[PDB]
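Drug present: forskolin.
Here is how names work: the chains are called A, B, and so on, in the same order as the sequence lines, proteins then strands, and each is numbered from 1. If you check the header, you will see the structure was determined by electron microscopy, 3.5 Å. Just so it is clear, the values below take in all heavy atoms, side chains as well, and ignore hydrogens, waters and symmetry mates. Both ligands and their constituent atoms are indexed starting at 1 by order of listing.
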Amino acid sequence: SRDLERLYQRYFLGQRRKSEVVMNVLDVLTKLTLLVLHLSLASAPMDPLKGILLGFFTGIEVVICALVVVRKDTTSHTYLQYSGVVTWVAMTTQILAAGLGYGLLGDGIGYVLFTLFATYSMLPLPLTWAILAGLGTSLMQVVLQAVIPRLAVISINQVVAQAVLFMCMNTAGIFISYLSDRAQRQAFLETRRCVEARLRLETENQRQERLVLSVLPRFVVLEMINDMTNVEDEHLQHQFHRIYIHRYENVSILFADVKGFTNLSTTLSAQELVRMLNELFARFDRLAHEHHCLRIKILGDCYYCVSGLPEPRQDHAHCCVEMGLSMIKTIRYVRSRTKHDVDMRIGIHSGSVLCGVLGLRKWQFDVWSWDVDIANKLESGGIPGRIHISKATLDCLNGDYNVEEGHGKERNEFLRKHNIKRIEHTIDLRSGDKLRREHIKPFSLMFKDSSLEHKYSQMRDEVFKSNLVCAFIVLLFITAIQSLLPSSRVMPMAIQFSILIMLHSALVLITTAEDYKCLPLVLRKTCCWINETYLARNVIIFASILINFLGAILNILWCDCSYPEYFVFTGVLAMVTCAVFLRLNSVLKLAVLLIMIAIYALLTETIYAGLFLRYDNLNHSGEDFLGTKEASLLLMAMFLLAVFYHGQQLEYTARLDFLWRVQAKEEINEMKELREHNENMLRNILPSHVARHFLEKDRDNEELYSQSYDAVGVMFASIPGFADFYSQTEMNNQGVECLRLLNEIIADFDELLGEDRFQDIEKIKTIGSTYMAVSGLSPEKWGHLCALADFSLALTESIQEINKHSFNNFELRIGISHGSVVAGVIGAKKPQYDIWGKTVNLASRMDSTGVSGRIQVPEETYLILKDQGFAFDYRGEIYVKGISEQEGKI
Amino acid sequence: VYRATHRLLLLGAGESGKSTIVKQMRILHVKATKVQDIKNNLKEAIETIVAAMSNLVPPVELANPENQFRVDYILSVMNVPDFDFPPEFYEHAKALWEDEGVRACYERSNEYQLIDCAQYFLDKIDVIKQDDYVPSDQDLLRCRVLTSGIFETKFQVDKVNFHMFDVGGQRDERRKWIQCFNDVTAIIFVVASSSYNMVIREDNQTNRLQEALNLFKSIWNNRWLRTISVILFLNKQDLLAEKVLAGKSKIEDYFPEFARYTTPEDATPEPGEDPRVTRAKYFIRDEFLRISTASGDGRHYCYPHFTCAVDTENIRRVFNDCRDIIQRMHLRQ
Ligand SMILES: Nc1nc2c(ncn2[C@@H]2O[C@H](COP(=O)(O)OP(=O)(O)OP(O)(O)=S)[C@@H](O)[C@H]2O)c(=O)[nH]1
Ligand SMILES: C=C[C@@]1(C)CC(=O)[C@]2(O)[C@@]3(C)[C@@H](O)CCC(C)(C)[C@@H]3[C@H](O)[C@H](OC(C)=O)[C@@]2(C)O1
Ligand SMILES: [Mg+2]
């Protein structure tokens, strides 16, 4: 992916650019410091030729400093790549100024060591660019020896060693550049993957929740969500299954039933009837949305609003009467094409309702009260095509609407009714912006929490074996650097060199014991254990650092050797080893780094000062001793500053990425928990296959979801005594305790439904105090009818038990039937699983025309359980048909 | 402040004295209709005594036959829906009450159904005959009023609020109890300990004490009262003591286990107490603790108390003890 990798380069360019901002600032200090000491050395002013080139060089570094800031603000980063080239050429040119003209007469070879290391450490140039930039300085060092032949006169040999001194910078420099870039690739790759997973899970969470919120309004879904989270420690003290009901006031209830349903039911089959029903009811849902209703349920051929239930409205019944006029208009519209005569009747009443859910399975929003019963009776009144505006509503709307005298006498005269990308950039940008002053220490870059730093320390160094290899090569090169350098005790220094080169190899084999499979596992475990804990690796990293330093100084201690500046660069060749060791902490690196300079400061003062003096007089030149020890610590200063800032920036980036990874993981965990809660609620609301079909696309593309089944049993269970039991006094809040008892009954039924004995039976819905369940919907034999019969008997037993526990008598009317049904969703916007057919109406009629406490059943297709009452002869709704009743199994 | 308030309800069988307990508690810490109810109670008592003169299978001997027109007058006005209140009727009632045959008929009141406050108002015919006085609070507590629905009385003692819940006790009214079984601090079960001799007026077969025991069994094992920790309030202790002191009726005559039962080692050493009353009260209490403990799980506990709802000192002492119990219980250890 060239587009993604280029996108990484734009991100990678900025982080490396932050390093060169201080290094260009570092360079301008280098020019003035060398210029100042040259001014202070001689009372007479320096050569005017000397000042001009450094003036260009000390001025261009200011320009690059003022050029990187503007490009960082700019969205493009082309000049950031150029800035590394502009900086490299500026310092690389410095060599020509010294070699041919005057330039920076101080230092010399050591200064080239500083920049040639620089162009592999802080320059945002890619790895391929670094080799070209590094080789340019190295090949120009070859030009330096030609333009300064007296340097070759100083050392006829060791000129190859001088190139070797500059060869290991390329060898060690690519190691830092490649590993640091590789680690940056993983950090960018990981932060790109984590955001991809977070966005993937958020869309699913919002899509899953959008279906749950389609039904079950928010003001009860919030209560359910709070309940399932277990907000308190435990709810070990519970006596009731709890309810989610609330009382509302100043609402209006509509109703509608098809007058001639049975006449047209026999004319056409089930599929066409379902099609017309869905068309009418979907247009009706659109009308309800237009007129501020919210439908509660669709039972058979019935449809009813609640006006202003979740939010109050001053004109609450106005919306109901307007949408009722819309009901009439839509019925007239569908009356076109001379198809049928499905005209209906509408009844409206206003009052107080109790809204909530009952039971544990297939939760559905409903309303129970006495006033909804008044609305139901007003609808059942009659005169299809006309509304009922009984006194509780006529005085509600206004006196501005003219309505007739109302019904004469159609319903029972009881109770006196009185009718009348850029995100990822801001993803990275907000990480640094928030963490400018936050959990990380402003300078030590340490997390405030001890555990957060500790869980960082346990992370293993994946390049520890490769990083320790780098320390071996540089220590091997200083051995080759010094081996050809002359000394008095050539053999005695080699014996110590052999020990030191073996000491590093001793740690090499120990730290590569895991790499050495042939070596025993116990040794391999120690290698893993070394990198497992940060402190055990820190001492080894410190240890391997020392061996490079001991090897780099022991040669000088042998000297009592006429080239004292070349032995100094070996310490510079040891300071890179600290920069190589990326993982070790920054402040710990400064403490060990401060040891290197302090020892060299002690070895560059009066001790071995005479050895520097004999070098001064031999070279002579123009006061070049300012390029000697006077500049030896000057080189050490810039090298130390560069190495320290490299370590600091590397640790800064690493800590930032770790902290953001932790934050993203926490967000992912929280979102996963929310997903689990939503999944639980959705599973409780709707069946599996229906929920899966409605979750993805084609929720509204397919207006009708339906399926035809052949062998399905249908059962109804009614409690006629609850209407007499129900009463709205003041002691019970408004009947809330009666609804609590009803919820207890329904919850007992639902819990009984969960037994393994009843696997083929699924609860469809509850109609007020009626319980409806079907048998054998999922084919996976007439055993499911037997299961349904056992379910009815168990329901009778449960109602008897709860009657015993309470202090009143309740009786169940059970109606069963068997046949072919059609199961599907009738509302695309609000998915409510439902079934239709002729056996459903037969079951409802058999339940309605029955005696309490007894089960009425059609033609007995089973001989397993014996029935009785064959001579019952119930006319029903279709035609007269005599069939039996249902006793127990025996 | 809803949690601070305590909700208490008085669940008990019929004629258990819970309403009397509520009245006494109300007058402890805070018209002509009451006079009318006293008159009606005395009226019902005298009419039932006159009817039971002849209704019982074992005939009760009468007084001097000349003093019989009074009986005919009481029988005649009893059928009248609107009973008269003339001085002549009160003279008739006093004449019956002083008669020895009527006294013997009253002594057999356990055979038929009669209010327990009959003799208190029957001793008050002379003062009620003038129909010009206001009965005292003690006479107010003797009134017999049927409780149909459930009633609440707000309470406040020592800066803490209490809630009262008076409910009916008849088998027809037991279906309304579920309306207030939620978030209740404790149940104050009241049992008429002296009703071991009589029977309930709804079936006329089961003993009142047996019905109360069945009610307590139903309440204790109720699935919606698993952790409620009922409090037991034995009532009518004075009536039980009087009945057991008379010797006409015995607890053994209706409960065979009583004869073998012995007084427990732990007892309340009341100075004005007899071994018989102690053994009777402890037999009843041990029956109730047995039925409670057989199903005991440690979730809820019962604290039996002996109470006489007529006198106010026993009421206030038992109420103080129960208030300490309810405070410790609201502590929710
Ligand atoms: N002598 C005596 N009479 C009592 C005692 N306790 C209550 N009574 C009387 O018994 C009568 C019945 O008490 P009451 O409060 O009406 O029972 P209840 O439980 O409320 O009656 P119900 O609603 O269940 S039908 C009252 O008139 C009262 O005066 C008592 O301890 N001793
Ligand atoms: C349980 C509630 C109670 C007592 C009052 C009530 O609002 C109902 O639930 C309605 C009216 C009400 O829920 C609206 C739908 C429907 C189906 C019309 C119910 C039935 O008529 C219930 O009666 C039966 C017997 O199912 C009924 C009337 O019973
Ligand atoms: Mg009462």
*Across the whole structure, where does one find forskolin?*
ligand 2
*Looking at this structure, what macromolecule is in contact with forskolin the most, according to the PDB entry?*
Adenylate cyclase type 8
*Going by heavy atoms only, which other chains approach forskolin to less than 4.0 Å?*
A
*In the entry's source annotation, what organism is given for chain A?*
Bos taurus
_Contact residues, forskolin, heavy atoms 4.0 Å_ = A:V367, A:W368, A:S369, A:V372, A:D373, A:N376, A:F722, A:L742, A:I767, A:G768, A:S769, A:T770
